[PDB]
K.L.:
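Below is a structure I'd like to ask you about.
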Amino acid sequence: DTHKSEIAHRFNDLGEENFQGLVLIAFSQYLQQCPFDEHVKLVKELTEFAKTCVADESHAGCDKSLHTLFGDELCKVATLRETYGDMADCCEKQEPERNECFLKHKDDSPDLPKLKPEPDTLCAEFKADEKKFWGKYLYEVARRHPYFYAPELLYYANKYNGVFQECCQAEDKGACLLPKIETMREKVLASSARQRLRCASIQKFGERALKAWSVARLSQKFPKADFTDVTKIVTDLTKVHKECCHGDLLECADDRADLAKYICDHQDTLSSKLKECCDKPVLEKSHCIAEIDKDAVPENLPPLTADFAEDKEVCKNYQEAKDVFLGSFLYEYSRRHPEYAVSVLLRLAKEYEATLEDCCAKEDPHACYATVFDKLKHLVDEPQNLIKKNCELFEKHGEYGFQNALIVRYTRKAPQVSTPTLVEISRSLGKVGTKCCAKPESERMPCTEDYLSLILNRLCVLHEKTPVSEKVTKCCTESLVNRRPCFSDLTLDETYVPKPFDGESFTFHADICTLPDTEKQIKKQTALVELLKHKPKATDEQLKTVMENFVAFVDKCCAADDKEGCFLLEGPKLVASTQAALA
Ligand SMILES: O=C(O)Cc1ccccc1Nc1c(Cl)cccc1Cl
Ligand SMILES: O=C(O)Cc1ccccc1Nc1c(Cl)cccc1Cl
Ligand SMILES: O=C(O)Cc1ccccc1Nc1c(Cl)cccc1Cl
Ligand SMILES: O=C(O)Cc1ccccc1Nc1c(Cl)cccc1Cl
Ligand SMILES: O=C(O)Cc1ccccc1Nc1c(Cl)cccc1Cl
Ligand SMILES: O=C(O)Cc1ccccc1Nc1c(Cl)cccc1Cl
Ligand SMILES: [Cl-]
């Protein structure tokens with residue numbers, strides 16, 4: 001809800017620590033290249049202004065919107081001109097256009113330095129000033145992930161500070177904290193990906209897509225709840241995500257906290273797993289709620305055919321109350337299959353909807369849609385062979401070889417895409433093998449659909465930033481939930497025109513020899529992509545031959561006395577072997 005003085009309302013509701021953290025995340029995400037200390041100064045200003053309005057809400061400016069107050073502060077910054085180019089034209093503008101402009105310049109691949117944990121340095125900053133150290137975490141993560149779910153980031157900052165509580169007085173510091181940080185990293189990065197999808201769903205596919213996703217998710221977590229209660233939570237959760245995805249972080253966090261309280265107050269009718277969550281403080285409580293994945297299927301439920309195929313009013317309901325009805329389908333399907341991937345459940349609803357659009361026009365609709373559930377069950381099973389084949393490949397060759405097989409597959413599909421993006425995405429796809437292939441047989445498909453949804457959304461976000469392939473555009477935009485089928489269906493892109501081999505220009509040198517081992521692995525994956533960009537029709541056996549040659553040449557020359565000399569002499573020999581091989 002809104003108050004006359006929104007700044008006072010949210011300061012009152014959130015309290016000063018969380019208010020400050022949230023405002024710092026806002027500024028970090030709007031202005032990702034700006035330094036920490038400049039952000040801190042604006043947050044302090046606004047905080048101090050907040051306190052003025054709490055004490056006297058009649059004070060000048062206290063009835064301004066949050067965007068006005070945020071924006072005026074962003075426009076103090078002189079360097080907006082230098083550091084952002086045509087974004088200081090946001091500052092030239094006034095609200096509500098200004099805020100929109102700022103939002104549009106969030107950068108999904110800002111290319112800041114890779115963060116590296118240095119235990120002694122970190123421990124000393126923690127000692128010096130814990131609050132600054134917390135703030136610095138919020139800043140560094142937020143600016144790398146400009147749609148990170150902001151109240152979840154506050155929870156993670158508290159966990160981060162806890163790692164250093166534990167480890168800094170420990171004798172051996174890095175032994176204690178490096179693995180903690182590694183673990184936290186993978187969890188934060190997963191969280192950012194799941195939120196980036198949520199935000200894509202609303203931004204690119206509309207509020208109705210986000211509602212659809214929410215009804216499916218919530219029905220797997222709280223399947224014993226009634227539809228009217230699930231739908232209440234959907235309405236609230238949808239408002240929360242809309243706010244967070246739009247950069248309305250103070251409202252997001254406040255509404256989130258209210259929704260956590262509602263959930264906990266109604267825990268007996270929603271899920272027994274809430275018992276672990278509901279006596280925690282707000283941020284941890286909310287995180288715990290988010291972490292719940294599923295409950296048991298309620299006993300004694302009727303077949304879905306009753307409401308969705310037998311009922312004489314199926315067409316009526318589809319026609320007159322379409323959103324409610326598709327919502328009910330989602331709730332009822334989801335609650336019966338709480339282990340399914342959400343994207344699959346949505347894929348089913350979409351086909352159900354398509355079935356009704358075709359059949360409800362006919363003289364005997366029921367004749368036409370009576371068997372729709374059998375078609376849906378088949379749709380669930382469609383990719384089981386290929387998933388099995390993928391997991392068999394992973395088992396036979398391991399993660400790095402599985403990534404290599406994916407580089408080939410994906411480069412053929414989308415050869416226009418940049419080499420760093422093809423490598424990033426293919427390595428992430430290969431990690432799906434490790435995360436999913438030793439799940440129970442029956443849990444593999446939902447595992448792989450879930451991660452694929454996240455990884456392909458990353459692809460699509462990177463592609464939006466600089467579009468290069470009509471086929472990737474098409475798959476990214478045709479339908480959010482059928483992205484995985486779309487991309488799987490793509491074949492070699494014959495639209496692509498390869499540039500010739502720069503046959504006189506040989507491009508590899510002895511500085512490869514000193515790389516850390518994982519960087520040596522990436523260098524070989526980069527080489528593979530480039531080989532495919534020059535000879536996009538090469539066979540698997542050809543690419544293997546050439547890559548084998550390449551790695552023997554690198555090993556031979558990195559072990560030589562004169563290393564660069566070997567690269568220079570034998571490099572031309574490599575190009576010759578390669579040519580003969582790619583005929
Ligand atoms: O304010 C303090 O006492 C500690 C401190 C030191 C350096 C930088 C920031 C902060 N605190 C702080 C932070 Cl970490 C973020 C936003 C607003 C404030 Cl006041
Ligand atoms: O490592 C990342 O890419 C982000 C990330 C997520 C969770 C925890 C830490 C980090 N990065 C990071 C590192 Cl590597 C060191 C010190 C402080 C930070 Cl925020
Ligand atoms: O729209 C809302 O705020 C919640 C609501 C309540 C009852 C029925 C449908 C909906 N929303 C909704 C919509 Cl608009 C589309 C697909 C799935 C759902 Cl749950
Ligand atoms: O791509 C396919 O045809 C099979 C398929 C279906 C559902 C989910 C994932 C996958 N494939 C797949 C798998 Cl199983 C793991 C890692 C990367 C990919 Cl592309
Ligand atoms: O030498 C280069 O990097 C460019 C070039 C020119 C002619 C023939 C092949 C290549 N590159 C090349 C070779 Cl020779 C082997 C494996 C991977 C690559 Cl990218
Ligand atoms: O030398 C080899 O053949 C192993 C190798 C090294 C670097 C890059 C790729 C490959 N192998 C390879 C190739 Cl070229 C394609 C698909 C799957 C695999 Cl394992
Ligand atoms: Cl949440």
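One-based numbering along the sequence shown. In listed order, ligands and their atoms are each counted from 1.
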K.L.:
Per the PDB entry, what macromolecule holds ligand 3 with the most contacts in this model?
P.N.:
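Greatest contact count: Albumin.
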K.L.:
In this structure, which of proguanil, diclofenac, thiorphan, voglibose, decamethonium is modelled at ligand 3?
P.N.:
diclofenac
K.L.:
Give me the residue, atom name and distance of the protein heavy atom closest to atom 14 (Cl) of diclofenac (ligand 3).
P.N.:
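Of the protein heavy atoms, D323 OD2, 3.4 Å lies nearest.
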K.L.:
What is the nearest protein non-hydrogen atom to atom 19 (Cl) of diclofenac (ligand 3), stated with its residue, atom name and distance?
P.N.:
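The closest one turns out to be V215 CB, 3.6 Å.
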K.L.:
Can you tell me the protein heavy atom closest to atom 3 (O) of diclofenac (ligand 3) and the distance?
P.N.:
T235 OG1, 2.7 Å
K.L.:
Does an N or O anywhere in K211 fall below 3.5 Å from an N or O of diclofenac (ligand 3)?
P.N.:
yes
K.L.:
Return the closest protein heavy atom for atom 8 (C) of diclofenac (ligand 3) as residue, atom name and distance.
P.N.:
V324 CA, 3.7 Å
K.L.:
Among all the protein's non-hydrogen atoms, which is closest to atom 17 (C) of diclofenac (ligand 3), and how far away is it?
P.N.:
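Looking at atom 17 (C) of diclofenac (ligand 3), the protein heavy atom closest to it is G327 CA, 3.7 Å.
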K.L.:
So between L330, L346, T231, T238, whose heavy atom ends up nearest atom 7 (C) of diclofenac (ligand 3)?
P.N.:
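Heavy atom nearest to atom 7 (C) of diclofenac (ligand 3) belongs to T231.
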K.L.:
Could an N or O of diclofenac (ligand 3) be found under 3.5 Å from any N or O of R208, whether backbone or side chain?
P.N.:
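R208 vs diclofenac (ligand 3): no N/O contact under 3.5 Å.
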K.L.:
Identify the binding-site residues of diclofenac (ligand 3) at 4.0 Å, heavy atoms only.
P.N.:
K211, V215, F227, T231, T235, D323, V324, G327
